[PDB]
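To keep things clear, I will list the structure first and then write my remarks on it.
Within every chain, numbering begins at 1; the chains are lettered A, B, ... in the order of the sequence lines, protein sequences first and strands thereafter. Atoms within each ligand, like the ligands themselves, are counted from 1 in listed order. Excluded from the calculations below are hydrogen atoms, water molecules and symmetry mates; all remaining heavy atoms, backbone and side chain alike, are included. A restricted portion of the entry is shown here, and the contact count covers that portion and nothing more.
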Amino acid sequence: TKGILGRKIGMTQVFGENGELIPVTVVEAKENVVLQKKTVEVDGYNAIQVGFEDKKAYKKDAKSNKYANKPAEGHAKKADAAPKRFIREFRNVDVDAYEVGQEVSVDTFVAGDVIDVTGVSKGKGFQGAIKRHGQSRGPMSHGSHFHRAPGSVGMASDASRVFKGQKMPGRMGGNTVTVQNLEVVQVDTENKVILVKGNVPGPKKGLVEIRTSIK
Amino acid sequence: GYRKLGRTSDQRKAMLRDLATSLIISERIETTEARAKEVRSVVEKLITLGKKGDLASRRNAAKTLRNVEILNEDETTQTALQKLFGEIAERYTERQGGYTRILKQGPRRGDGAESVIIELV
Amino acid sequence: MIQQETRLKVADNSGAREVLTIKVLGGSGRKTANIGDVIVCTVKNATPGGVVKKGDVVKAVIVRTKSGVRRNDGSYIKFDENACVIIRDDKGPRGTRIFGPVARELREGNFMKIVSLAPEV
Amino acid sequence: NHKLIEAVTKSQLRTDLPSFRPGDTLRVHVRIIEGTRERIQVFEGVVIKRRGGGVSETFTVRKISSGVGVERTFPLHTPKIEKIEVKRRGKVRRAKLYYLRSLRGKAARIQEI
Amino acid sequence: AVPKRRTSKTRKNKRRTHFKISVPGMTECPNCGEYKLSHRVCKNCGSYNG
RNA sequence: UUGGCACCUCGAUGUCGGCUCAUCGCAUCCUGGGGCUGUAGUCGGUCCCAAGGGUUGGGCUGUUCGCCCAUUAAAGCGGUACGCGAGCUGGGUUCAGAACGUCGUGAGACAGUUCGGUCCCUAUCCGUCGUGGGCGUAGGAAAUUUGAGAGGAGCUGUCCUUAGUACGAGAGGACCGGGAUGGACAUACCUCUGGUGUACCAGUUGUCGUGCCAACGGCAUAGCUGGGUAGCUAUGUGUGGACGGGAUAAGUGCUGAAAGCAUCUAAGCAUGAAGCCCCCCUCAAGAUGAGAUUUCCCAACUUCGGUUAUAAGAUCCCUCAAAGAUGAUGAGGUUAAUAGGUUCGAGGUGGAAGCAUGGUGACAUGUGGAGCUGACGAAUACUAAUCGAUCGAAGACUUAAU
Ligand SMILES: CC(=O)NC[C@H]1CN(c2ccc(-c3ccc(CNCc4c[nH]nn4)cc3)c(F)c2)C(=O)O1
């Protein structure tokens with residue numbers, strides 16, 4: 001089991017050996033080090049921390065998150081590394097990795113071919129019941145005065161209330177989803193990019209998490 | 001486009017052209033904050049056509065500028081197009097972009113709208 | 001063909017000229033059917049030179065669709081009209097001639113007689 | 001055109017194909033593996049559209065088999081295509097020749113340069 | 001839909017808890033000496049001079 | 001279900017079908033596990049466990065019901081004011097008009113038909129779907145995170161192969177195991193195939209204006225017509241229900257007595273379901289039982305035994321979008337590439353203007369795949385993100401262990 005982080009770049013396509021189309025997502029993964037290691041003695045569970053993208057050093061103003069503050073600056077010096085945003089933990093991986101900082105490259109995912117990707121957001125904000133839960137509309141001719149509204153929300157005077165878990169308008173998108181059983185096309189050196197079959201969640205420039213498939 | 005400014009398609013092009021021809025005759029006007037960010041791009045693209053000087057540039061600038069008689073020359077009814085390509089284009093012959101400066105005044109009475117002042121640098 | 005009330009033209013050498021779809025076989029709630037699918041249809045206009053008469057419930061395979069079909073290598077093929085061929089229970093056509101071209105993928109081990117009778121594949 | 005996009009795309013792009021402009025007769029030699037053996041089949045028609053891109057660039061060819069029209073779209077840099085030649089050129093005044101679909105006979109012909 | 005019941009002084013005064021306004025957020029200009037808004041000109045004698 | 005009774009409502013509790021959205025029961029229609037058989041096999045007929053998921057489009061009728069057509073693994077029966085009109089419709093019945101049959105001396109009535117015919121309401125409280133502030137968690141902060149709990153998911157077909165084998169006079173044709181590819185449904189996404197694309201490009205009609213010709217602009221749905229970038233999208237492109245443990249129901253058992261034999265049960269020991277608890281996915285310490293890890297900070301005054309400001313940090317204001325009703329969340333504020341402009345590209349349109357040449361002309365050909373170009377990728381401080389202000393600690397008492 002292994003895992004890294006990266007930023008979604010875009011969608012492309014490659015040609016197979018005999019010749020076909022494979023939709024491809026471009027994901028760059030660079031500057032991944034181990035910031036901390038956790039054991040069963042303290043906090044009672046094994047894991048490793050990873051940092052993705054290094055940021056600037058300590059500054060006097062530091063009013064735009066581009067510079068690491070004092071609690072984070074002193075956090076990345078114990079691992080002999082640089083302050084890196086986007087810290088995440090990987091529990092499935094084995095603990096055979098030095099607690100001191102050591103870089104993780106994309107070349108470890110060679111011949112993997114079975115992974116899963118975690119998305120961070122969708123970004124819709126749409127409220128309508130037709131668009132959010134995929135409901136049917138009403139007639140548009142015939143004198144109808146019911147086009148895109150939700151129908152009844154319960155029975156009459158038997159329960160005399162609305163049950164929990166109804167399908168009503170509200171903010172949609174921007175939740176954690178995970179696509180399983182993808183494949184790795186090719187790992188490219190000197191660019192630190194990974195080619196994955198299909199498509200990953202999230203918009204461009206968004207953080208993704210690639211782990212070894214659990215099934 | 002960029003922002004609708006609370007008008008329709010044909011009304012928006014008639015208003016953006018009215019402010020651009022006003023910033024050439026007076027070089028300083030008072031307006032709203034949201035409309036000042038839009039006319040900022042309309043005038044800065046007309047100064048670029050004035051630095052070229054070709055006949056194809058004089059005709060590409062006649063599609064925006066209105067026909068008004070600036071007396072800034074003070075003689076001979078100079079047009080809004082003749083002030084451009086002339087003294088305006090000579091002032092910014094070395095400057096590369098950024099020929100506009102906007103200053104903020106405050107919320108006005110009866111509207112609560114941000115009054116601003118936009119002028120040629 | 002694609003839906004329940006689609007009008008299809010019969011391409012093989014039989015009395016049927018235009019047919020009206022009635023059902024799409026394969027699973028329940030099945031909505032559409034592309035090239036290579038068997039359907040149940042009825043004869044609307046018939047030719048006296050043929051054996052099938054007006055108002056006959058028959059089966060037929062789809063051979064041409066205006067929508068098209070996508071292949072594994074990433075290429076698409078699309079036709080100008082819609083067409084079908086009346087077949088038997090064991091995939092045998094009712095007619096000894098096939099008119100017009102035929103989609104390149106019907107030799108799935110079951111329609112060998114149709115592709116051979118086709119003039120151009 | 002992100003810089004990391006062409007870095008991986010540069011391995012798939014081909015160059016031996018000759019440049020053609022929409023509205024000319026094109027003779028395409030396509031390899032088909034249909035059946036136990038493989039062989040080459042020729043496709044001859046007129047180029048009606050060509051949308052841009054990088055590796056994902058396609059073109060459309062339309063011909064007439066017998067009274068009915070046939071249209072086929074191929075990716076430009078596919079390995080399935082073996083060779084492409086330009087038999088005849090034509091004079092048009094637009095990039096998308098969508099009006100050819102409705103016409104037939106003496107109206108579906110294009111003048112030559 | 002009409003109100004089924006009257007409104008209390010307690011319920012009316014709880015709803016207007018957040019019905020307030022804040023300080024305009026002003027600073028002092030070291031050219032005119034008077035208070036002024038941020039990122040704006042001194043409304044009295046002076047200018048921006050950023 | 002058709003009734004019986006007349007207990008609540010006549011200073012109003014809106015009736016039939018259909019549409020949208022569901023939820024519950026088991027007396028089970030399909031799938032899963034079994035006993036018996038007048039069960040050879042393939043298909044069945046009965047009864048016993050089992051409610052996890054699934055349970056289709058049309059013609060006729062206002063119709064419920066019912067008949068019929070073509071499919072399906074199957075086209076289940078009921079409760080919820082015969083669910084649902086401050087969510088929709090108004091074809092039926094019970095308004096004023098008119099006509100037929102019939103009845104009455106008549107004005108008029110139906111154990112009956114026919115054609116028309118006003119459906120109002122800005123959500124106070126509980127309820128539900130989203131999203132912020134305040135205080136708390138015995139110091140004040142920045143990141144990572146355990147999971148007591150809670151929700152989501154749960155379906156199935158056709159061929160191939162064991163095998164033309166077991167079984168059977170022949171026809172006909174498997175259980176049990178192993179592959180391939182679909183149907184419906186659910187989710188992410190825009191590289192392809194399409195749609196849209198009102199500050200992109202190009203053709204063209206009538207009229208007015210820039211003094212005129214050339215070249216442009218206003219108005220007529222965006223005047224009309226042919227294309228189309230980013231974004232948002234399905235009908236398009238990927239993925240998912242995988243594979244296993246533990247305890248059980250209906251069943252089958254082993255050993256074994258009460259009852260010298262016998263016997264699944266009383267002691268004891270196994271096996272055994274699409275169901276139960278987990279494994280897979282998401283939320284989750286306001287879990288007041290308020291958890292854990294890592295790093296950053298640490299004085300001056302007081303006789304109050306307690307205060308004030310500052311620190312770490314976080315905000316006011318300002319430029320923005322990967323976010324968004326507002327707010328919140330993210331990328332940045334001159335130790336600066338955050339957004340405009342400028343300078344080069346990608347994609348889109350398809351040959352600008354001027355001049356030259358060839359025709360009496362409308363036009364055509366050259367310099368030239370020219371010119372133009374919103375939302376996409378880079379480089380560049382040229383214009384704005386000035387100067388300032390507010391908030392925020394100095395760690396309670398008792399008992400054990402040192
Ligand atoms: C108008 C109003 O506001 N009423 C307030 C009260 C009264 N009411 C109410 C409502 C509906 C009815 C009612 C329901 C069905 C039928 C059957 N029809 C067919 C038929 C048979 N024979 N002949 N025709 C008749 C009447 C009622 F009997 C009572 C309610 O719900 O509250």
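According to the PDB, the drug located at ligand 1 is radezolid. The chain that radezolid touches most here appears in the PDB entry under the name 23S rRNA. Other chains in heavy-atom contact with radezolid below 4.0 Å, by letter: F.
Other-chain residues and nucleotides with a heavy atom under 4.0 Å from radezolid are F:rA12, F:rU13, F:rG14, F:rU15, F:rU94.
As stated in the entry, the source of RNA chain F is Staphylococcus aureus.
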